[PDB]
Amino acid sequence: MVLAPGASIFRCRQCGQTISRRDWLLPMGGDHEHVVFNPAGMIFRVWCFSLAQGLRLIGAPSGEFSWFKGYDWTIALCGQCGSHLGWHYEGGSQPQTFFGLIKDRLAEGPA
Ligand SMILES: O=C1CC[C@H](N2C(=O)c3ccccc3C2=O)C(=O)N1
Ligand SMILES: [Zn+2]
């Protein structure tokens with residue numbers, strides 16, 4: 001508990017949409033940060049969150065190339081501007097669901 005925290009809320013870097021909160025960071029496999037690459041070779045510093053808002057989840061889930069064993073993913077866009085912010089994971093265990101958001105696509109700031 002601190003007065004006037006500046007590192008409280010994550011917003012979409014491109015538009016400001018409210019997306020998540022530092023309090024909702026989730027240490028999957030012991031770390032909230034997972035460094036991964038996709039089939040196109042892009043490297044992502046993914047932060048895992050229990051909860052997020054302000055996104056639009058696109059399509060139906062897929063297990064293909066999943067970075068997290070037992071989870072299927074859907075692309076998560078900023079619901080306001082369409083920026084690709086990460087993925088929603090579902091279908092797994094403990095937790096059943098979570099979000100993996102691309103750290104450098106978010107801005108962190110006060111509540
Ligand atoms: O857990 C995941 C999320 C989806 C992510 N992914 C991508 O970022 C991607 C880009 C191009 C073609 C196919 C994929 C893909 O499966 C990926 O590689 N693993
Ligand atoms: Zn946005």
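If you read the sequence from its start, that first residue is 1, and numbering goes on from there. Both counts, for ligands and for their atoms, begin at 1 and track the order of listing. The header says X-ray crystallography, 1.5 Å.
At ligand 1, the drug present is S-thalidomide.
The chief contact partner of S-thalidomide (ligand 1) in this model is named by the PDB entry as Cereblon isoform 4.
Other-chain residues and nucleotides with a heavy atom under 4.0 Å from S-thalidomide (ligand 1) are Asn38, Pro39, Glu64, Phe65, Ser66, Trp67, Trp73, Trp87, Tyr89. Measured against 4.0 Å, no other ligands or ions are close to S-thalidomide (ligand 1). At the top of the distance list for atom 5 (C) of S-thalidomide (ligand 1), counting protein heavy atoms only, stands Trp67 CH2, 3.7 Å. Scanning the protein for heavy atoms near atom 15 (C) of S-thalidomide (ligand 1), the closest one is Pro39 CD, 3.8 Å. Counting only heavy atoms of the protein, atom 19 (N) of S-thalidomide (ligand 1) lies nearest to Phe65 O, 2.9 Å. The protein heavy-atom contact nearest to atom 10 (C) of S-thalidomide (ligand 1) is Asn38 ND2, 3.3 Å.
In terms of protein heavy-atom proximity, atom 1 (O) of S-thalidomide (ligand 1) is nearest to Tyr89 OH, 2.8 Å.
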For a distance cut-off of 3.5 Å, show me each N or O of S-thalidomide (ligand 1) paired with any protein N or O, plus the separation.
from, atom 1, to, atom 2, distance (Å)
S-thalidomide (ligand 1), 1 (O), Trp67, N, 3.1
S-thalidomide (ligand 1), 1 (O), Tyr89, OH, 2.8
S-thalidomide (ligand 1), 8 (O), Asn38, ND2, 2.9
S-thalidomide (ligand 1), 19 (N), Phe65, O, 2.9

